> 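Here is a complex structure; among its components: darunavir.
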There are 2 protein chains.
Amino acid sequence: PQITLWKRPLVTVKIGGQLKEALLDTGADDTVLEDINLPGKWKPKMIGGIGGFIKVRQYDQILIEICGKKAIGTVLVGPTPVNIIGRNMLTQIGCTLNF
Amino acid sequence: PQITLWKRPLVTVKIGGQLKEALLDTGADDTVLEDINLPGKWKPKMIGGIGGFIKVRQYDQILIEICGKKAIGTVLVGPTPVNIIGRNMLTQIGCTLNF
Ligand SMILES: CC(C)CN(C[C@@H](O)[C@H](Cc1ccccc1)NC(=O)O[C@H]1CO[C@H]2OCC[C@H]21)S(=O)(=O)c1ccc(N)cc1
């Protein structure tokens with residue numbers, strides 16, 4: 001799919017048997033979700049954005065399926081106001097910007 | 001240009017005779033710059049991100065040139081940690097996501 005940007009680039013993602021919506025986000029280095037419980041071990045981490053920093057759980061080697069394309073990688077879990085798919089996943093699904 | 005996302009999608013922007021670097025950011029509704037002083041009237045506004053909110057100056061009908069393509073629109077000026085080119089400008093330069 002080529003997608004234009006007149007609306008938020010929201011996609012459906014399947015992660016851990018759950019269905020979520022998340023923003024395809026070229027401005028995000030990493031993938032961060034809020035409304036989700038992922039099992040197993042994880043390491044504490046902080047990430048900063050426009051208003052400062054949030055503490056997140058870092059989970060490694062997590063499978064996600066984004067618009068029906070698979071990727072495995074780091075998913076940060078924490079109090080982001082919007083689920084975001086960051087560059088760490090976007091590259092694995094071959095996502096590019098075009099103008 | 002088609003742009004892969006292994007590195008931050010940073011472009012050069014010319015605004016008010018000044019040269020800045022900014023991130024092409026599909027997860028941002030609006031365009032927000034920090035290291036810049038634009039002339040004339042503006043309205044107060046707040047925007048939220050990861051970490052919460054910041055107060056910004058809203059400047060309307062501002063000309064920007066991003067990779068030498070012109071756009072005119074709202075530019076928010078405030079303490080963002082990274083200059084961001086948002087969807088309000090991305091649509092004007094014909095930017096799309098592809099995968
Ligand atoms: C959370 C998004 C839905 C919105 N953000 C745009 C987003 O692209 C920011 C844009 C951004 C970029 C750098 C610094 C601050 C904000 N990225 C971001 O917070 O990424 C974080 C997750 O991955 C990490 O990589 C960079 C910071 C971490 S935002 O910067 O807060 C934002 C919010 C509102 C407007 N109008 C414009 C921008």
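Order of the sequence lines sets the chain letters (A, B, ...), proteins ahead of strands, with each chain counted from 1. Start at 1 and go down the list; that is how both ligands and their atoms are numbered.
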> Name, as the PDB entry does, the macromolecule that darunavir contacts most in this entry.
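By most contacts, it's HIV-1 protease.
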> I'm mapping contacts for darunavir. Which other chains have a heavy atom under 4.0 Å?
A, B
> Under 4.0 Å from any heavy atom of A:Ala28, which atoms of darunavir are there?
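Once the distances to A:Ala28 are compared, the set is 20 (O), 22 (C), 23 (O), 25 (O).
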> Does darunavir have any atom that is closer than 4.0 Å to a heavy atom of B:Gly51?
no
> Hey, does A:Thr80 come in under 3.5 Å of darunavir, counting only N/O atoms on both sides?
no
> Does the entry name an organism for chain A, and if so, which one?
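According to the entry, Human immunodeficiency virus 1.
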> Among B:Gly27, B:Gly86, B:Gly49, which one has a heavy atom closest to atom 4 (C) of darunavir?
B:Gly27
> Looking only at protein heavy atoms, which one is nearest to atom 24 (C) of darunavir, and what is the separation?
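Minimum-distance protein heavy atom for atom 24 (C) of darunavir reads A:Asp29 N, 3.5 Å.
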> Starting from atom 28 (C) of darunavir, what is the nearest protein heavy atom, named by residue and atom, and what distance separates them?
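For this ligand atom, the closest protein heavy atom is A:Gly48 O, 3.5 Å.
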> Any nitrogen or oxygen of A:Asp25, side chain or backbone, less than 3.5 Å from one on darunavir?
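So darunavir has an N or O lying under 3.5 Å from an N or O of A:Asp25.
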> Is B:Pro81 near darunavir, meaning one of its heavy atoms is under 4.0 Å from it?
yes
> Show which residues surround darunavir within 4.0 Å on heavy-atom distance.
A:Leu23, A:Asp25, A:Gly27, A:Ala28, A:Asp29, A:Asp30, A:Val32, A:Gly48, A:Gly49, A:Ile50, A:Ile84, B:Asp25, B:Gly27, B:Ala28, B:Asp30, B:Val32, B:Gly48, B:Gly49, B:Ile50, B:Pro81, B:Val82, B:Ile84
> Are there any protein N or O atoms under 3.5 Å from the N or O atoms of darunavir? List them with distances, or say none.
{"residue": "darunavir", "atom": "8 (O)", "partner": "A:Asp25", "partner atom": "OD1", "Å": "2.9"}
{"residue": "darunavir", "atom": "8 (O)", "partner": "A:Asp25", "partner atom": "OD2", "Å": "3.2"}
{"residue": "darunavir", "atom": "8 (O)", "partner": "B:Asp25", "partner atom": "OD1", "Å": "2.6"}
{"residue": "darunavir", "atom": "8 (O)", "partner": "B:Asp25", "partner atom": "OD2", "Å": "2.5"}
{"residue": "darunavir", "atom": "17 (N)", "partner": "A:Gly27", "partner atom": "O", "Å": "3.3"}
{"residue": "darunavir", "atom": "23 (O)", "partner": "A:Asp29", "partner atom": "N", "Å": "3.3"}
{"residue": "darunavir", "atom": "23 (O)", "partner": "A:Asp30", "partner atom": "N", "Å": "3.3"}
{"residue": "darunavir", "atom": "25 (O)", "partner": "A:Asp29", "partner atom": "N", "Å": "2.8"}
{"residue": "darunavir", "atom": "36 (N)", "partner": "B:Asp30", "partner atom": "OD2", "Å": "2.8"}

